[PDB]
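In the model that follows, one finds berberine.
Lettering follows sequence order; numbering is per chain, from 1. Only this structure's heavy atoms are used, side chains among them; waters, hydrogens and symmetry mates stay out. Numbering of ligands and ligand atoms starts at 1, following listing order.
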Number of protein chains: 2
Amino acid sequence: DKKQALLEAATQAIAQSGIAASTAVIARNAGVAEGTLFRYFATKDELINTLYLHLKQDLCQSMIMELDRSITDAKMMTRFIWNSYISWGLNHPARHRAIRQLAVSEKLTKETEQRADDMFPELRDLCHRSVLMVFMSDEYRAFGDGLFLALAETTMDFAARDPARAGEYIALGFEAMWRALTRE
Amino acid sequence: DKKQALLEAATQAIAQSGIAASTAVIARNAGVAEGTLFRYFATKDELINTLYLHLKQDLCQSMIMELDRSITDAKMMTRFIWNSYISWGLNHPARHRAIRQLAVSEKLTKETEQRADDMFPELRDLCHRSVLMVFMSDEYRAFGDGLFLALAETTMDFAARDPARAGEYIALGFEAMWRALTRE
Ligand SMILES: COc1ccc2cc3[n+](cc2c1OC)CCc1cc2c(cc1-3)OCO2
Ligand SMILES: COc1ccc2cc3[n+](cc2c1OC)CCc1cc2c(cc1-3)OCO2
């Protein structure tokens, strides 16, 4: 049961300090010895990769469970998914900060990236139809993700601070993201 | 001197933490007692607002010296301002970090903001022409700044980590920002 405590602790630490977060802090907060952290995860980077797959799985599971097959318009379907990402981040502030920091950390392996894209094949294919070509490229994909996550985190933040207008920020946010990242 | 020094530390501290940077840590990092801090600054708040004009000055002062003055195309001029914001951010990481948190802090007085519109009358009139009218409203102005900043900061992160492509990043950042916030 310690693995899960380590994951949850590293989720909290990274959400607060990014990938600079200390393994000693993560281990202690999970109620285990740093030496024990390292027996579950031979390297810090190994912890980073597993954590990312774990969080990505969670987020994906949540978007799949809200996915309405009746929606048939492509942009409308992209909006309902943005909404899900957003309410997911609203329900789990730490998980989203962590995921945002992990996703753009350059410490994710090729196989990790692959194994993550192949979790929700149809959601992956959807996004990829609308996304600007350069944001699909091996050189700039990582940056397109970065742009998407900065936009969703700001939307999350404004929604959380002033909930009376949450749905307005989420909607304005989606419309900003859609013009920024998608093709004509 | 301890007045400016109490602003250096302030910048660092807010760069590390956030608007909640301990007014107590800011003190020793000036070589003074905490009560000395509150002597220069009525409250924590006034310190926030005062530092914000301070960092805004330095940013805008860097941003004014690069102004060509004779450019017509609104997008083109925005592009130089954006280019300037990023350089200043890459050159002064701590400062950008503090200005960034203060801008969305919600603690800046309206008076403080009107002081900012008075520092760079070339941007206020520029936004008054290109920016979606929703993001100029009073309810959504701060959101629209929050989205510009997130997008600028992401472009900066990627530019700093990958200098070989800093120019592509900056260029992709500006165009995503411009589609997100401006008229069609
Ligand atoms: C959790 O990480 C995520 C999660 C969600 C993501 C969703 C998107 N991107 C990265 C992902 C990001 O990458 C890390 C990149 C570009 C993009 C364009 C889009 C879109 C969604 C996305 O909808 C319409 O156009
Ligand atoms: C803090 O200082 C800065 C730095 C520069 C800024 C430039 C802009 N904004 C905030 C400022 C930010 O603070 C809000 C907000 C919105 C905006 C829309 C735009 C734009 C520029 C800006 O060009 C086209 O559409």
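- The main partner of berberine (ligand 2) in this structure, judged by heavy-atom pairs under 4.5 Å and named as in the PDB entry, is Putative regulatory protein.
- The other chains with any non-hydrogen atom less than 4.0 Å from berberine (ligand 2) are B.
- Heavy-atom contacts of berberine (ligand 2) within 4.0 Å involve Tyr52(B), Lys56(B), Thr78(B), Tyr85(B), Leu123(B), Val131(B), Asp145(B), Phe148(B), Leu149(B), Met177(B), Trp178(B), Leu181(B), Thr182(B).
- Closest to atom 5 (C) of berberine (ligand 2) among all protein heavy atoms lies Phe148(B) CE2, 3.5 Å.
- Looking at atom 23 (O) of berberine (ligand 2), its nearest protein heavy atom turns out to be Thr78(B) CG2, 3.1 Å.
- Considering both main-chain and side-chain atoms, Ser130(B) never comes within under 3.5 Å of berberine (ligand 2) through any nitrogen or oxygen pair.
- The source field of the entry for chain B reads Salmonella typhimurium.
- For berberine (ligand 2) and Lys56(B), the ligand atoms under 4.0 Å from any heavy atom of the residue are 2 (O), 3 (C).
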Under 3.5 Å, N/O to N/O: give me all the pairs between berberine (ligand 2) and the protein, one per line with atom names and distance.
from                 : atom 1 : to       : atom 2 : distance (Å)
berberine (ligand 2) : 2 (O)  : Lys56(B) : NZ     : 3.2

